[PDB]
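What follows is a model of Transporter carrying bound desipramine.
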Amino acid sequence: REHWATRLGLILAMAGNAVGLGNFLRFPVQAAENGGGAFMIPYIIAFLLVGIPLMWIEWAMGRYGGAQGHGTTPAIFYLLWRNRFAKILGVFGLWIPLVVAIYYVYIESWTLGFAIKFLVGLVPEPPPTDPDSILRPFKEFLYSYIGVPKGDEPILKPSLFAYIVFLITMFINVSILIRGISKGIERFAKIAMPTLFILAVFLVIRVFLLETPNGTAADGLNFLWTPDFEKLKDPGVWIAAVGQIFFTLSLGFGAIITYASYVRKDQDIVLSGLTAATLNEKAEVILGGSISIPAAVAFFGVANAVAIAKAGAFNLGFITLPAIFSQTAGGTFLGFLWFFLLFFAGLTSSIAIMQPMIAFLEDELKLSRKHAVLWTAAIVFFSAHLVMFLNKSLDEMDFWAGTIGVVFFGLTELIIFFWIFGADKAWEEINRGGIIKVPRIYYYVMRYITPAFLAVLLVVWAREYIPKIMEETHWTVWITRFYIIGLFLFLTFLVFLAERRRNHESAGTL
Ligand SMILES: CCCCCCCCO[C@@H]1O[C@H](CO)[C@@H](O)[C@H](O)[C@H]1O
Ligand SMILES: CCCCCCCCO[C@@H]1O[C@H](CO)[C@@H](O)[C@H](O)[C@H]1O
Ligand SMILES: CCCCCCCCO[C@@H]1O[C@H](CO)[C@@H](O)[C@H](O)[C@H]1O
Ligand SMILES: CCCCCCCCO[C@@H]1O[C@H](CO)[C@@H](O)[C@H](O)[C@H]1O
Ligand SMILES: CCCCCCCCO[C@@H]1O[C@H](CO)[C@@H](O)[C@H](O)[C@H]1O
Ligand SMILES: CNCCCN1c2ccccc2CCc2ccccc21
Ligand SMILES: CNCCCN1c2ccccc2CCc2ccccc21
Ligand SMILES: CC(C)C[C@H](N)C(=O)O
Ligand code: NA
Ligand code: NA
């Protein structure tokens, strides 16, 4: 099996897996949408009771599977629980990352497209101080790029440039993946993460200098870091907080597990896993939290900034920040740096959610890396047309796979590893080779707290939220549901074929 070459390479690759669009785009919206500081308490608690423990569990499962030549859940779940149903539940470890990649790579391509256009100055000329007259040009810019519906039909019409950029983006992802783990993903991470960190720090500094008659960046930080102990009682904020923790740490996507399957069997995963997790959190709360929110608040005040985030999820990152920057000297270039940052953050994460499918095809169906990467790219490219042309398809996929799916899968993997496989066998597997041991209290958290926490969350989700999504959405949501259910069927068929190949190969081993 391929293995990460260096400890630094491993850490930066895992850090790049985690640090992405979730840190700079998703986090600000979730926080601004849920009261800022009021969102942070449940967030921090979720990180301690869910994020950290699950991270160690996934690293352990991955390393454990990798030692036997398996990097994905269909096989790993079976290793931990030799029951056919383990293989079926394992399919989610291929389905979730594939479905997320199908829309994630497209959003990533928008950042490359914007970066290009901002670099060459093909951007809107706002007018020369009425907020709408300032934001409208940028809103139109985004809307024309992705092709937002102007009429009643739920159809999107992406610009030709956007389509071509998606193609280029897919090519770039392929160029990294086709070189493999050490010479591809690891090598790239050593270049991308330093760049990402530097660009992000620079942007924070520039945003911190923003002052207007409406406020300063400081007012933004105060909004995000001031506790509101009176929301701690709202399930919605908790659901939002936990969902963000999963998404931002790449947990429940089968991605951490696959990356860890390339860690040598003897290697530490305790300190490594904790470091990757802490690195992501710093990038999220310190860097991602200090850019778009402070900027929006400084220029429009808290009440307006919040209204902006609630009106549209991509407003802050793709419309508001660039609009604000355009009001300052060299703003178009700052816009370029912002989208360039988002692109690298996205690229390092998208290669992480495509690798599971690649690992499955290599490990279980024995395809060459070249063929595994190309077929995976073809499936994602083809499937992405649904997200590019059908309005709200992206939201549907992000919900089923990227939101509820990951929480369900996180609970599932914990049960299979800590309950079925054996809590003591699991605890032993996690700590084996650790540079540091996992704090003892966490054994009780993993075995009782985490699963109980998630179980309650999921029940509240299915009872007071999932019905509205099943009853109040446009009929076209069924087009997406149908297609992704088909993808699950297809992946299950591939796992069935891997079974038969194994049987064929065994009866050849006799
Ligand atoms: C291989 C699967 C192909 C599915 C049909 C894809 C059709 C894409 O079609 C292309 O879309 C672009 C963006 O909207 C347009 O700018 C191009 O003019 C148009 O030809
Ligand atoms: C990264 C380089 C992307 C180049 C494609 C840019 C597409 C932007 O725009 C397109 O350009 C075409 C040729 O210039 C024209 O024929 C199309 O009508 C026009 O919409
Ligand atoms: C579920 C995904 C379906 C993808 C089918 C896409 C078919 C593309 O259709 C094409 O789109 C272009 C740009 O929007 C138009 O200019 C062309 O006239 C139209 O035929
Ligand atoms: C979910 C997939 C949505 C795809 C949107 C496709 C819009 C394509 O465009 C439509 O194609 C039709 C047949 O080719 C033509 O009859 C229509 O006049 C044309 O507007
Ligand atoms: C809810 C999860 C909280 C995790 C915080 C853990 C802080 C670590 O706590 C420390 O762990 C060591 C090893 O078990 C003990 O020897 C120390 O006495 C204890 O203070
Ligand atoms: C229009 N709905 C967007 C849903 C996808 N999305 C989310 C989800 C919640 C809050 C904000 C955002 C915007 C940023 C983002 C980035 C990467 C993947 C999904 C998303
Ligand atoms: C100067 N060498 C770094 C550039 C090459 N690099 C990048 C960086 C950004 C976008 C694409 C690529 C191409 C593929 C690749 C693969 C492995 C390491 C670096 C890179
Ligand atoms: C799906 C994951 C790879 C997403 C990544 N953790 C992010 O925060 O953008
Ligand atoms: Na993240
Ligand atoms: Na990333």
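Residue numbering in chain A adheres to the PDB entry, whereby the residues present occupy positions 5-132, 135-516 in order. Computed over heavy atoms, backbone and side chain alike; hydrogens, waters and symmetry mates excluded. Start at 1 and go down the list; that is how both ligands and their atoms are numbered.
The ligands or chains attributed to desipramine are ligands 6 and 7. For atom 13 (C) of desipramine (ligand 7), the nearest non-hydrogen atom of the protein is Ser181 OG, 4.0 Å. Shortest contact from atom 11 (C) of desipramine (ligand 7) to any protein heavy atom: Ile178 CG2, 3.9 Å. In the PDB entry, the organism given for chain A is Aquifex aeolicus. Regarding atom 8 (C) of desipramine (ligand 7), its nearest protein heavy-atom neighbour is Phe194 CE1, 3.3 Å.
Closest heavy-atom approach to atom 19 (C) of desipramine (ligand 7) among the candidates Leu183, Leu116, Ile197: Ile197. Near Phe350, with a cut-off below 4.0 Å to any heavy atom, the atoms of desipramine (ligand 7) are 9 (C). In terms of protein heavy-atom proximity, atom 16 (C) of desipramine (ligand 7) is nearest to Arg185 NE, 3.9 Å.
Of the protein's heavy atoms, none falls inside 4.0 Å of atom 5 (C) of desipramine (ligand 7).
With a non-hydrogen cut-off of 4.0 Å, the residues around desipramine (ligand 7) amount to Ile178, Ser181, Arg185, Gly190, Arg193, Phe194, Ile197, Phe350.
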